[PDB]
Amino acid sequence: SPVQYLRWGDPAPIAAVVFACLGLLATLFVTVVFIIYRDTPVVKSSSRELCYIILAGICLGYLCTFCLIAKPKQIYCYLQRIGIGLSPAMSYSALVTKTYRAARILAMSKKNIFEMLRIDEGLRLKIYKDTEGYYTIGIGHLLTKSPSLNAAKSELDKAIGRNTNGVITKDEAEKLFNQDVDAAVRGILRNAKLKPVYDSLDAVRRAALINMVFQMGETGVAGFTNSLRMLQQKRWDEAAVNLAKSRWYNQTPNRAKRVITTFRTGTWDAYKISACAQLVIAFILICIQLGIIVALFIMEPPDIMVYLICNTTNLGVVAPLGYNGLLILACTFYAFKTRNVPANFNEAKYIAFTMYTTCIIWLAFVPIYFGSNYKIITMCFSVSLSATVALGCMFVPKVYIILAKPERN
Ligand SMILES: COC(=O)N1CC[C@@H]2[C@H]1CCC[C@@]2(O)C#Cc1cccc(C)c1
Ligand SMILES: CCCCCCCC/C=C\CCCCCCCC(=O)O
């Protein structure tokens, strides 16, 4: 009885239970909310099936302490290992597919703007110089500022990752372009006249704005004061008419006509320019962790050594800890890639933050747990902590909006 130890002077098992109980209630609350309001845009805009898997993984995470703190039976030693291993696996391996999808979608987004400026501005598959004599390649991508032709080739190989000999491909030129796009966005966000307009526009209309920036510069686009205001107020037809009078339109009519049209419709008409799969992939990554656990049940049969001490060795912990580490490492990679993506009510910002802490939690777990003389309690807190973080950062801000701010919804 957890009360006995609490009264004998040890509040560790009673605390882990309360922690686990409060966690289960919290997870139960969140899921029910997502069920009732499943049709609300804040729940509809994300993969609902994946969230259910993440919420299920966290629930088992809290249930883990009930196997770590239990009456000494044989199967509880089984439930411990199958729980501490699979519960993070259910959460992170479903979260990686979510982030990976968000990474491909973003990459495909940068693909369109690349094809846009390839048509509007052009491209060179070998090294050249700009109007100021500096070595350049691709779509106006500066390589270096030294007169050395050798210097440019060195910088190119480091950027591409191979011996290019001053020659690249379309795909490699897009890579260099992605950098210049991000740099352009950085400048726009730091420009007081361009920032409000950029924030109001959709994905397509933002590319048309960056198009203008790459032609005239920031200090040039800011000259379209009246037109920029029209775009911000979503008055497309008035913006197009106003832009068609500019010196910019009369100087480069062929290109300007396409950019203006993109502001109009918010489509790529001027330019020639899966859910079920995610569940299967998530299922596969979970079964891999299960195969590891089942194998270790065979290699090293679990046996009983309030506290339930089992005979689980290092290898019985290290292997599923390492696999979970990869799931975490992969998630962070894609989450950091999509950290600024505003889809789903700035969802990804919260996702990235969770993966930052989880890496610290995982990294801290290794020296702490393996140097500890109180392993069971340190395993209870560790699992309940990283489960709480994933619940507090990813789900709570969505529950808040859904219950406290239904108008925002
Ligand atoms: C075999 O041991 C492990 O693989 N680990 C030991 C501790 C545990 C895990 C790896 C990452 C950190 C951890 O503390 C956790 C977790 C967790 C559980 C359920 C839901 C969520 C979102 C996270
Ligand atoms: C942020 C997480 C990224 C790191 C993932 C790296 C994966 C490495 C795999 C396994 C490392 C497990 C460490 C176990 C060392 C054994 C210590 C001991 O025996 O006491």
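Nothing fancy with the numbering, it's 1 onward along the sequence. Just follow the structure's listing: the first ligand is 1, and inside any ligand the first atom is 1.
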Q) What is at ligand 1, out of cefaclor, mavoglurant, flumazenil, pramocaine, tenidap? A) mavoglurant
Q) What is the name in UniProt of the chain with the largest share of contacts to mavoglurant? A) Metabotropic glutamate receptor 5
Q: Report yes if some N/O of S386 lies less than 3.5 Å from some N/O of mavoglurant; otherwise report no.
A: yes
(Q) As an exercise, identify every atom of mavoglurant less than 4.0 angstrom from a heavy atom of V317. (A) 1 (C)
**Q.** Proximal atoms of mavoglurant relative to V383 (non-hydrogen, under 4.0 Å)
**A.** 14 (O), 18 (C)
Q. Going by the atom numbers of mavoglurant, which of them fall below 4.0 Å from some non-hydrogen atom of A390?
A. 22 (C)
Q.
Suppose we measure from atom 6 (C) of mavoglurant to each protein heavy atom; which comes out shortest, and what is that distance?
A. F365 CZ, 3.6 Å
Q. To which protein heavy atom is atom 23 (C) of mavoglurant closest, and what is the distance rounded to 0.1 Å?
A. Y92 OH, 3.2 Å
**Q.** Close approach, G57 and mavoglurant, non-hydrogen under 4.0 angstrom
**A.** yes
Q: Specify the protein heavy atom at minimum distance from atom 18 (C) of mavoglurant: its residue, its atom name, and the distance to 0.1 Å.
A: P88 CG, 3.6 Å
Q | Close approach of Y369 to mavoglurant, heavy atoms, under 4.0 angstrom | A | no
Q) Which one holds for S91 and mavoglurant: side chain close, backbone close, both close, or neither close, with close meaning a heavy atom under 4.0 Å? A) side chain
Q.
Using a 4.0 Å cut-off to any heavy atom of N324, which atoms of mavoglurant qualify?
A. 3 (C), 4 (O)
Q. Which bit of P320 is near mavoglurant, meaning a heavy atom under 4.0 Å away: side chain, backbone, both or neither?
A. both
Q: Give the numbers, counted from the N terminus per UniProt, of the transmembrane segments of chain A with a heavy atom under 4.0 Å from mavoglurant.
A: 2, 3, 5, 6, 7
**Q.** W362: numbered mavoglurant atoms lying under 4.0 Å from its heavy atoms
**A.** 10 (C), 11 (C)
Q | Per-atom contacts of mavoglurant with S382, taking only distances under 4.0 Å to non-hydrogen atoms | A | 7 (C), 14 (O)
(Q) To check your reading of the model: name the closest protein heavy atom to atom 21 (C) of mavoglurant, its residue, and the distance in Å. (A) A387 CA, 3.8 Å
(Q) Just to be sure I read this right, does mavoglurant sit under 4.0 Å from the backbone of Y323, its side chain, both, or neither, counting only heavy atoms? (A) neither
Q: Report the part of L321 in contact with mavoglurant, treating N, CA, C, O as backbone and CB onward as side chain, heavy atoms under 4.0 Å; options are side chain, backbone, both, neither.
A: both
Q. Which residues are in the binding site of mavoglurant, using 4.0 Å as the heavy-atom cut-off?
A. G57, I58, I84, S87, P88, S91, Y92, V317, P320, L321, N324, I328, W362, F365, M379, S382, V383, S386, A387, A390
